[PDB]
Structures are given as structure tokens and as C-alpha cells.
Amino acid sequence: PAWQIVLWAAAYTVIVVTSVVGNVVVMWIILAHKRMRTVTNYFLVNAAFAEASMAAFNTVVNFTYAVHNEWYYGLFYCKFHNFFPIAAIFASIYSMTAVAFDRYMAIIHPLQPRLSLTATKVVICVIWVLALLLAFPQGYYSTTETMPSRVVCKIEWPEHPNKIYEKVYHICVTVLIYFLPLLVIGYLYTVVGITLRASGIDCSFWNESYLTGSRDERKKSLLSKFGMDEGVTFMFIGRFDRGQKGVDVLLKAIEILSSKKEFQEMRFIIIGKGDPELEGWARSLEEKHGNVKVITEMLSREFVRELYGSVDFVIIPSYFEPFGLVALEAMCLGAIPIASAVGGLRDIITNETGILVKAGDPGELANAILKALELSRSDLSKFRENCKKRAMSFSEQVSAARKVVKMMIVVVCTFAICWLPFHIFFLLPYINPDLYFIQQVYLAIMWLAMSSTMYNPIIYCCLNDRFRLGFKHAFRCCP
Ligand SMILES: C[C@@H](O[C@H]1OCCN(Cc2nc(=O)[nH][nH]2)[C@H]1c1ccc(F)cc1)c1cc(C(F)(F)F)cc(C(F)(F)F)c1
Ligand SMILES: CCCCCCCC/C=C\CCCCCCCC(=O)OC[C@H](O)CO
Ligand SMILES: CCCCCCCC/C=C\CCCCCCCC(=O)O
Ligand SMILES: CCCCCCCC/C=C\CCCCCCCC(=O)O
Ligand SMILES: CCCCCCCC/C=C\CCCCCCCC(=O)O
């Protein structure tokens with residue numbers, strides 16, 4: 001069916017041209033602009049070079065040899081045709097693995113040193129050396145030979161009764177360039193994507209701009225709704241439990257403070273439900289003291305935003321706070337956090353943006369509450385401004401990192417999809433020989449696998465403003 005061959009040749013040429021043009025433009029965008037020269041972009045340039053080289057130097061003969069099963073192209077090209085794609089795919093997928101590892105280090109272990117640019121050039125050279133070494137056996141054993149009357153290019157391992165070495169080599173290459181790097185990148189981006197999503201906040205909602213009036217009028221109206229007169233107002237919200245959210249630590253701190261004269265000047269609002277003994281202890285402290293209020297009913301997020309914008313301080317005595325979104329919610333609304341120095345709370349709150357204490361120590365928490373009462377004698381506006389600025393700038397870095405990580409996840413998923421049918425096609429004989437319309441299926445599977453060399457520049461242009469601007473500059477001639 002010659003018309004099908006014409007359509008297939010057109011599709012393969014579309015692969016070649018799109019891959020070469022887009023990857024060359026990506027290399028120009030990164031290398032020619034000093035702002036673009038980063039660790040991540042260097043690994044991306046290495047991957048773009050590997051993919052453009054494979055599309056430029058293998059696609060045409062792969063198509064022609066798949067369509068016309070006689071080798072006319074010489075011995076050295078037979079070796080290169082069996083050698084280069086393994087090295088190129090290895091170099092590209094491990095450049096992507098290095099990008100994911102650099103992101104995981106910057107986000108999960110910020111204190112630990114990362115690669116310098118020269119270190120990344122060294123890593124890229126090591127990657128290419130390992131790629132060439134892994135590809136070497138397949139190119140070394142390739143030869144042209146009559147089979148028995150017409151020339152073919154074929155991999156000829158030394159004759160062994162079970163061909164065990166060639167089989168183990170193929171399995172190892174498939175693991176090293178597909179399954180293992182995908183598992184590693186999947187772990188890295190799962191941890192990173194969960195940690196970033198758990199640290200995000202909706203700034204369109206948790207925003208002081210939707211409150212009305214001065215903070216003092218709001219706090220007075222709130223205390224009046226609770227039946228209390230004006231005072232320095234502390235708020236807790238969370239589940240009542242032992243060993244987790246710390247409401248028991250806050251209740252012990254309230255009992256410690258209750259004997260002091262300073263307790264007269266404080267007000268407490270404890271919101272949550274859970275362990276009945278803790279609920280009964282909170283109701284006992286509420287009836288015992290006129291400056292304590294407890295709310296076990298569920299509240300709307302609008303009412304909680306009103307509370308965050310009215311109270312003076314929010315107490316977060318968590319034993320365990322991996323992400324600390326509640327601290328961002330309070331700080332965005334101008335409440336000053338008083339929190340255990342654990343996890344995301346320790347990462348977000350600073351000495352200038354809150355008060356931090358050891359988790360599980362009621363006496364240190366009572367001392368921090370007394371320190372907050374001492375701070376309340378003076379104006380707190382600069383403190384709340386620092387809390388708001390810190391919460392905004394933190395949210396901000398999280399959002400940009402989420403964009404970059406989403407782009408890289410789209411890249412890795414496109415790679416996994418494009419290469420799965422190819423490796424399945426070459427692993428099927430080991431579990432079921434079959435292979436008896438195979439040529440039409442092979443042209444489709446090969447087209448999909450090699451199409452992977454053209455998607456990344458398209459992906460960068462859609463999901464990255466800098467690459468989009470670089471593509472606009474490269475194509476300024478066009479409308
Ligand atoms: C060179 C060719 O390789 C296959 O065809 C020959 C036999 N070879 C298994 C074998 N090797 C022996 O020594 N005996 N049998 C196959 C194979 C090799 C390594 C694998 F991981 C999976 C399959 C290949 C490989 C890739 C890859 F490697 F990047 F995926 C991509 C492409 C291209 F995109 F251009 F079309 C072409
Ligand atoms: C917007 C601009 C649009 C421009 C549109 C045209 C772009 C053509 C450029 C590169 C494609 C060709 C790259 C090289 C392809 C080589 C084909 C080949 O013969 O491969 C040699 C290899 O050694 C064994 O075949
Ligand atoms: C980016 C760098 C790319 C370099 C590619 C170099 C070309 C590789 C092609 C074939 C290498 C395999 C060599 C096999 C030699 C066999 C000699 C013999 O059997 O006598
Ligand atoms: C040290 C702090 C530990 C915090 C643990 C928090 C609980 C979550 C931990 C592991 C669950 C991982 C499940 C990932 C499944 C994929 C989810 C997805 O696709 O988005
Ligand atoms: C034939 C199968 C090909 C598989 C790859 C498909 C092409 C993917 C390339 C670009 C698509 C990128 C879209 C990613 C989500 C964008 C979300 C958004 O724009 O907000």
C-alpha cells in the first residue's frame with residue numbers, strides 16, 4: 001500500500017523537522033541568554049541535544065529499513081543505528097532525573113548544598129560516558145550480513161546455547177533507560193508535588209481586604225459577641241487530641257497562667273472537637289473563667305477568616321505539623337502565630353514573624369503567652385505587617401515552584417507514555433513469542449517512541465513564560 005508508505009514518511013519527517021527546530025531553538029534560548037544559564041536549564045539543554053541528535057541521525061534510516069527490509073547503508077552506520085539511540089535516551093532521561101533530584105533537594109533539604117554549574121557540567125560528562133558505555137555492546141555486535149542471500153543489519157552476540165548474555169543485556173538496558181529512572185523521578189516528584197500542594201493557600205480568600213473596619217473594632221465586636229470585654233485575645237483551632245494538635249498543652253498552659261494577675265488581661269477562644277476528656281476539660285475551664293470561650297460546633301471558613309482578622313494571636317501548639325497551612329492562614333489575616341517549632345511551622349515562622357516554642361512544654365507556652373501580652377502593650381502593626389509579608393512571599397515561591405514542577409511532570413509523563421509500547425513490543429517475545437500485521441503495528445509503535453524527541457520544546461513553550469518569550473523572539477519574522 002504505497003499511499004500508506006507516503007503518509008508514514010510524512011509523519012516521520014514531521015517528527016524530524018519539529019524535533020530539530022524546537023530543540024535547537026531551546027538550546028539557543030538557554031545558552032544565548034545569561035539569565036537562562038542555570039543547573040536545571042543545563043540538564044535541559046543536554047536532553048534537548050540528545051533528542052535532536054537522535055531525531056536527526058536515526059529517524060530516516062529507521063523508517064526506510066522498517067519499510068524496506070534490506071540494509072544498504074554500510075557497516076559503520078549499522079553499528080551507529082544500533083548504538084546511538086540507547087546512549088541518547090539514556091543521556092536525556094538521566095538529565096531529567098538530575099533535574100528532578102535538584103528540585104527535590106532544593107525543596108526537601110534546602111540547607112544541603114546543591115550542584116554548582118561546573119559540577120553540573122561534570123555530571124553531564126559522566127552521564128554521556130555512562131550512556132556510551134551502556135550502548136557499546138549493542139553497537140559492537142552489530143554487523144551487516146547476507147541472510148542468506150540479501151544484506152541485513154543484525155546484532156550478533158557470540159554463540160551461547162541459551163543467548164543468556166544478550167537477553168540479560170536487553171533487560172538491563174530497558175530497566176536503566178525506562179523503569180528505574182521513571183520510578184526514581186516518580187518518587188521525587190510525588191514527594192515534591194504533595195509537599196508543595198500541602199503548603200499552598202488560596203490568597204483570593206484568606207485576605208484581610210475582605211474584612212471591614214479597624215482591627216480594634218472587629219476584636220471588640222467579637223469579644224462582645226462572646227460576652228467578654230476587651231483584652232489581648234488568643235485563639236486556638238484544631239482537633240482535640242493527645243500527642244498531635246496540642247490542645248492538652250494549651251489547656252495546661254491556661255491552668256498555669258490562671259493563677260497570675262496577668263491572666264486578667266487575656267482572653268482565650270478555643271475551637272475544635274475530639275477526645276471527650278479534653279472537651280470536658282475545656283468546658284470546665286470555660287465555666288471556671290470568664291475570659292475563656294469554647295466552640296465545639298463546626299464553623300464556616302468565613303467566620304474563621306473573621307476570627308483570624310480580629311484576634312491578636314493564634315496559638316498552634318502542634319506536636320506534629322508537617323506543612324503549617326494554618327500558620328499561613330493566620331498570618332495572612334494579620335494574626336501573630338505562637339507555635340511549636342516543628343515542621344512547616346518552623347519553616348514558615350521566623351523570629352520577626354511570630355513566637356516559637358518547644359512542642360509539648362506547657363510552661364514554655366505560658367511564657368510565650370506572657371511575652372505576647374508584654375508585646376501587646378506597644379503597637380503591633382509592624383509585627384502583623386511582617387507576618388503578612390512573610391506569608392505572601394512564601395505563598396509566592398510555592399506557586400512558582402508548583403508551576404515548574406507541573407511542567408517537569410508533564411515532560412516525564414509524556415516520556416513514559418511515548419516509550420511504554422516500544423519496550424512492551426520488544427519484551428513481549430520473552431513471555432509470549434507471537435509476532436505473526438506486525439509491520440503496521442511496528443511503524444506506529446516506532447513513530448510514537450521517536451515522537452518523544454519533539455514534545456519537550458512544545459511543552460516548555462506552553463508552560464514556561466521565559467521559554468515562551470524565547471520562542472517568540474526566535475520566530476519574530478512570522479506574524
Ligand atoms: C537500537 C534499537 O534497539 C532495538 O532494536 C534492536 C534490538 N534491541 C534489543 C536487543 N539488543 C541486543 O543486543 N539484542 N536484542 C532493541 C532494544 C534495545 C534497548 C532497549 F532498551 C529496548 C529495545 C533502538 C533502541 C531504542 C532505545 F533503547 F532507546 F529504547 C530506541 C530506538 C529508536 F527510537 F530509534 F527507534 C531503537
Ligand atoms: C521555521 C523554520 C522551518 C524550517 C523547515 C526545514 C528545517 C530543516 C532543518 C533540519 C531538518 C533536517 C536535519 C537533518 C536531517 C538528516 C537526514 C539524514 O539524511 O540523516 C543523516 C544520517 O547520518 C543518516 O541518514
Ligand atoms: C555524542 C557522541 C556520539 C558518538 C557516537 C560514535 C559512533 C558510535 C558507533 C559505533 C560504536 C561501536 C564501536 C564498535 C567497534 C567494533 C570494532 C570491531 O568489532 O572490530
Ligand atoms: C515527616 C512528615 C510526614 C508527613 C506524612 C503525610 C502523609 C502523606 C505521606 C505519604 C502518602 C503518599 C501517597 C502518595 C500517593 C499519590 C498521591 C497523588 O497522586 O497525588
Ligand atoms: C500521541 C501521544 C502523544 C503524547 C504527548 C501529547 C502531547 C503533549 C504536549 C503538550 C501538552 C501540554 C499540556 C499540559 C497541560 C497544560 C495545562 C495548562 O495549560 O494549564
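For the single chain, residues carry numbers from 1 onward in sequence order. These numbers come from the heavy atoms of this one structure, side chains and all, not from hydrogens, waters or symmetry mates. Looks like X-ray crystallography, 2.4 Å, at least that's what the header says. Just follow the structure's listing: the first ligand is 1, and inside any ligand the first atom is 1.
The drug located at ligand 1 is named aprepitant. The chain sharing the greatest contact count with aprepitant (ligand 1) is, according to UniProt, Substance-P receptor. Aprepitant (ligand 1) lies nowhere less than 4.0 angstrom from a heavy atom belonging to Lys167. Using a 4.0 Å cut-off between heavy atoms, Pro85 contacts aprepitant (ligand 1) through both its backbone and its side chain.
Residue contacts with aprepitant (ligand 1), taken as heavy atom pairs separated by less than 4.0 Å, involve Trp157 solely via side-chain atoms from C-beta onward. Within the listing of aprepitant (ligand 1), atoms 36 (F) sit less than 4.0 angstrom from a heavy atom of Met446. Not a single heavy atom of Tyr141 sits closer than 4.0 Å to an atom of aprepitant (ligand 1). Chain A, UniProt TM segments numbered from the N terminus, heavy atom closer than 4.0 Å to aprepitant (ligand 1): 2, 3, 4, 5, 6, 7. The contact set between aprepitant (ligand 1) and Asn62, taken as ligand atoms under 4.0 Å from a residue heavy atom, comprises 33 (C), 35 (F), 36 (F).
The closest approach between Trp419 and aprepitant (ligand 1) falls below 4.0 Å for a heavy atom of the residue. Heavy-atom separations between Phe90 and aprepitant (ligand 1) are all 4.0 Å or longer. Of the residues that UniProt lists as binding CP-96345 in chain A, those with a heavy atom under 4.0 Å from aprepitant (ligand 1) are: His170. Listed by atom number, the atoms of aprepitant (ligand 1) under 4.0 Å from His423 heavy atoms are 21 (F), 22 (C), 30 (F).
Besides aprepitant (ligand 1), no ligands or ions with an atom closer than 4.0 Å to that drug are found.
Contacts between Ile155 and aprepitant (ligand 1) below 4.0 angstrom, taking non-hydrogen atoms only, involve the side chain exclusively. Contact annotation for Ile89 and aprepitant (ligand 1): only side-chain heavy atoms (C-beta onward) come within less than 4.0 Å of the ligand. Distances from aprepitant (ligand 1) to the non-hydrogen atoms of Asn58 include no value under 4.0 Å. Listed by number with element, the atoms of aprepitant (ligand 1) under 4.0 Å from a non-hydrogen atom of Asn82 are 1 (C).
Residues with a heavy atom within 4.0 Å of aprepitant (ligand 1): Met54, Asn62, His81, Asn82, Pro85, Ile86, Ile89, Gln138, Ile155, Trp157, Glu166, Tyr169, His170, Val173, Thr174, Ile177, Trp419, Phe422, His423, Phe426, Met446, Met450.
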